[PDB]
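Chain letters run alphabetically, one per sequence line, in listed order. We're sticking with the PDB entry numbering for chain A, so the shown stretch reads 6-181, in order. Here chain B follows the PDB entry for its numbers: 1-181, in order, are the residues you see. Determined by X-ray crystallography, 1.5 Å, according to the entry header. First listed ligand is number 1; within each ligand, the first listed atom is number 1.
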Amino acid sequence: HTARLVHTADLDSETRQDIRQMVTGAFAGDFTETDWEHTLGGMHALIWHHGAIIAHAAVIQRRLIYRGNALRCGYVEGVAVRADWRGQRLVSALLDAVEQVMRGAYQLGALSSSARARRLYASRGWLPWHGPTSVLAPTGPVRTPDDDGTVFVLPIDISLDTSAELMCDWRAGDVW
Amino acid sequence: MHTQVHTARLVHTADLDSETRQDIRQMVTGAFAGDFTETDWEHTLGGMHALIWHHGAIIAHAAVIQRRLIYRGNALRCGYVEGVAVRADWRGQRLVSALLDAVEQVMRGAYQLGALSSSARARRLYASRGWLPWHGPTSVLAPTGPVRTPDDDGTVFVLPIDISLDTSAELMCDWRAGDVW
Ligand SMILES: CC(C)(COP(=O)(O)OP(=O)(O)OC[C@H]1O[C@@H](n2cnc3c(N)ncnc32)[C@H](O)[C@@H]1OP(=O)(O)O)[C@@H](O)C(=O)NCCC(=O)NCCS
Ligand SMILES: CC(C)(COP(=O)(O)OP(=O)(O)OC[C@H]1O[C@@H](n2cnc3c(N)ncnc32)[C@H](O)[C@@H]1OP(=O)(O)O)[C@@H](O)C(=O)NCCC(=O)NCCS
Ligand SMILES: NC[C@H]1O[C@H](O[C@H]2[C@H](O)[C@@H](O[C@H]3O[C@H](CO)[C@@H](O)[C@H](N)[C@H]3O)[C@H](N)C[C@@H]2N)[C@H](O)[C@@H](O)[C@@H]1O
Ligand SMILES: NC[C@H]1O[C@H](O[C@H]2[C@H](O)[C@@H](O[C@H]3O[C@H](CO)[C@@H](O)[C@H](N)[C@H]3O)[C@H](N)C[C@@H]2N)[C@H](O)[C@@H](O)[C@@H]1O
Ligand SMILES: Nc1ncnc2c1ncn2[C@@H]1O[C@H](COP(=O)(O)OP(=O)(O)O)[C@@H](OP(=O)(O)O)[C@H]1O
């Protein structure tokens, strides 16, 4: 019913493995070792039932460049509810915890959604990015057309022109 | 369990009550004698603050924030240490060692390396604990592309976590306003 927030460095090895395995199975294989690396470093929202982790979402810190400013961003990764626990709105409890972190620490939240999860985020006030997305790669700005149509943002202490360019910072694997 | 007196406590920025957040900001700003800007304050936000309490006031602070440092084309997951400060009346009692015990525990548990910018005076402290001085040229991946940061050469220290870094190579931090390192 309610998620508990734990920083990566506060996860014991057993809990870390339990999280990785649950998230990985929830994605049915579509979750790579670099996707797992992207869930580390920040706050994990976790819901347990009788000692088993049944839901997870992580919010990690990065910068998103918007109109020349490198905005302090809480980026959401690894959102997953164990299959047998789906359809009980557990994801709402995960997102209440992640959005609380955003309000207290960041200028905006952001994330990359599948087409079917778009409704979930929009219903909570997240906004679909309509402008071109890019990544500040080591060679300079590079457009990321495969991620267009997947980015959502949650403004905290700003109004955003969601049809402007948005440029994430660099990492391996999927940059968004 | 004992009283935990002067053990640093790790608190995420989002879990700081407003009174504590203001005490940290005024304590760190005053500990730097005029050299800590509002952009330096922004740089302490978003991660875990290691705090040492005495009589309900913050007497020491160090924040570990997440960023990427690019090494040989690899964007390493870095815990970057900002705002390291011990209030002046409490200096010379090794409280910075208690802040660093917490900072280094956060690196081992969550990042591929710790990194920070050290004054010449503090170099010895970091080196005695195992941090390595970065000898290679530093740069930042600005929106226009890579650009050297010569003023930051000779100041960066790193704490690799089970990875091997050639500390004579180029190291390029990611972008942000104000001082990038
Ligand atoms: C997306 C996900 C986190 C939603 O979690 P949840 O707690 O089940 O969400 P909800 O209960 O609010 O249901 C969301 C939708 O899931 C679907 N659903 C309902 N019961 C389900 C079940 N028993 N089995 C599978 N899917 C189900 C419905 O389409 C529902 O839509 P609606 O609420 O508008 O009617 C979860 O399906 C999951 O982990 N999916 C795989 C990982 C993934 O895609 N994560 C999101 C990446 S952006
Ligand atoms: C750097 C700092 C955090 C060290 O904290 P600390 O808990 O006082 O550290 P230590 O007790 O290990 O003392 C460090 C050195 O300070 C010196 N010192 C002792 N008392 C001191 C005082 N009252 N004021 C200044 N320096 C003092 C000694 O040279 C000591 O070295 P020693 O133990 O080899 O004799 C603290 O001086 C500080 O807050 N400085 C201002 C902010 C800053 O520069 N931050 C660090 C950025 S790299
Ligand atoms: N794989 C695991 C990851 O999955 C999601 O993120 C990814 C999106 O799903 C991708 O979207 C693509 O796949 C969707 C679903 O098939 C399509 O709808 C969409 N048009 C496609 O572009 C997008 N390109 C990258 C992004 N990292 C989670 O948020 C992320 O935490 C998790 O690590
Ligand atoms: N200003 C407030 C900040 O100060 C330190 O970091 C700054 C270093 O002090 C700078 O270094 C310069 O000043 C040192 C001390 O005089 C000299 O030794 C050195 N050779 C100089 O280049 C460096 N260029 C940027 C770095 N952000 C703290 O770590 C940081 O958390 C805090 O926000
Ligand atoms: N070694 C120290 N360096 C600087 N401040 C100190 C040190 N030891 C004690 N203090 C402070 O000096 C003050 C008096 O110390 P105590 O609280 O330990 O008093 P006590 O001996 O009567 O039990 C306290 O500050 P405060 O009144 O502003 O809260 C205490 O924190």
* For ligand 3, which of the listed compounds (ribostamycin, amenamevir, kanamycin, afatinib) is correct? -> kanamycin
* **Greatest-contact chain for kanamycin (ligand 3), named in UniProt** => Aminoglycoside 2'-N-acetyltransferase
* To do: Find the other chains whose heavy atoms come closer than 4.0 Å to kanamycin (ligand 3).
  => A
* Protein non-hydrogen atom found under 4.0 Å from atom 16 (O) of kanamycin (ligand 3) -> no
* How does A:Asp179 reach kanamycin (ligand 3), if at all, at less than 4.0 Å between non-hydrogen atoms: by side chain, backbone, both, or neither? -> side chain
* To do: Can you sort out which atoms of kanamycin (ligand 3) are near A:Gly83, meaning under 4.0 Å from one of its heavy atoms?
  => 31 (O)
* **Which of the kanamycin (ligand 3) atoms, numbered from 1, are nearer than 4.0 Å to a heavy atom of A:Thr155** => 11 (O), 19 (C), 22 (O)
* Asked: If we only count N/O pairs under 3.5 Å, is A:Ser118 in contact with kanamycin (ligand 3)?
  -> no
* Asked: What is the UniProt domain of chain A where most contacts with kanamycin (ligand 3) occur?
  -> N-acetyltransferase
* Ligands or ions near kanamycin (ligand 3) (under 4.0 Å) -> ligand 1 (coenzyme A)
* What protein heavy atom is closest to atom 1 (N) of kanamycin (ligand 3), reported as residue, atom name and distance in Å? -> A:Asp35 O, 2.7 Å
* Is it the side chain, the backbone, both or neither of A:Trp181 that has a heavy atom closer than 4.0 Å to kanamycin (ligand 3)? -> backbone
* Asked: Can you list the atoms of kanamycin (ligand 3) that are under 4.0 Å from a heavy atom of A:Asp152?
  -> 23 (C), 24 (N), 25 (C)
* For kanamycin (ligand 3), which atoms sit closer than 4.0 Å to a heavy atom of A:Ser117? -> 5 (C), 6 (O), 7 (C), 8 (C), 23 (C), 25 (C), 26 (C), 28 (C), 29 (O)
* Which taxon does the entry assign to chain A? -> Mycobacterium tuberculosis
* Asked: If we only count N/O pairs under 3.5 Å, is A:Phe32 in contact with kanamycin (ligand 3)?
  -> no
* Take atom 13 (O) of kanamycin (ligand 3) and look for protein heavy atoms under 4.0 Å from it; say yes if you find one, no if not. => no
* Atoms in kanamycin (ligand 3) flagged as close to A:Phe36, the criterion being non-hydrogen separation under 4.0 Å -> 2 (C), 33 (O)
* Numbered atoms and elements of kanamycin (ligand 3) in range of A:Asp151, under 4.0 angstrom, heavy atoms -> 22 (O), 24 (N)
* To do: Any atoms of kanamycin (ligand 3) less than 4.0 Å from a non-hydrogen atom of A:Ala120? List them with their elements.
  => 18 (O)
* Which residues carry both labels: UniProt substrate-binding in chain A, and heavy atom within 4.0 Å of kanamycin (ligand 3)? -> A:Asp35, A:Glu82, A:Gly83, A:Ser117, A:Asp151, A:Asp152
* Asked: Quick one: nearest non-hydrogen protein atom to atom 30 (C) of kanamycin (ligand 3), plus distance?
  -> A:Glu82 OE1, 3.7 Å
* Which bit of A:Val84 gets closer than 4.0 Å to kanamycin (ligand 3), counting heavy atoms only: side chain, backbone, both or neither? -> neither
* Asked: Around kanamycin (ligand 3), which residues have heavy atoms within 4.0 Å?
  -> A:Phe32, A:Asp35, A:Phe36, A:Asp40, A:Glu82, A:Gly83, A:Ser117, A:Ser119, A:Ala120, A:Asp151, A:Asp152, A:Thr155, A:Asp179, A:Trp181
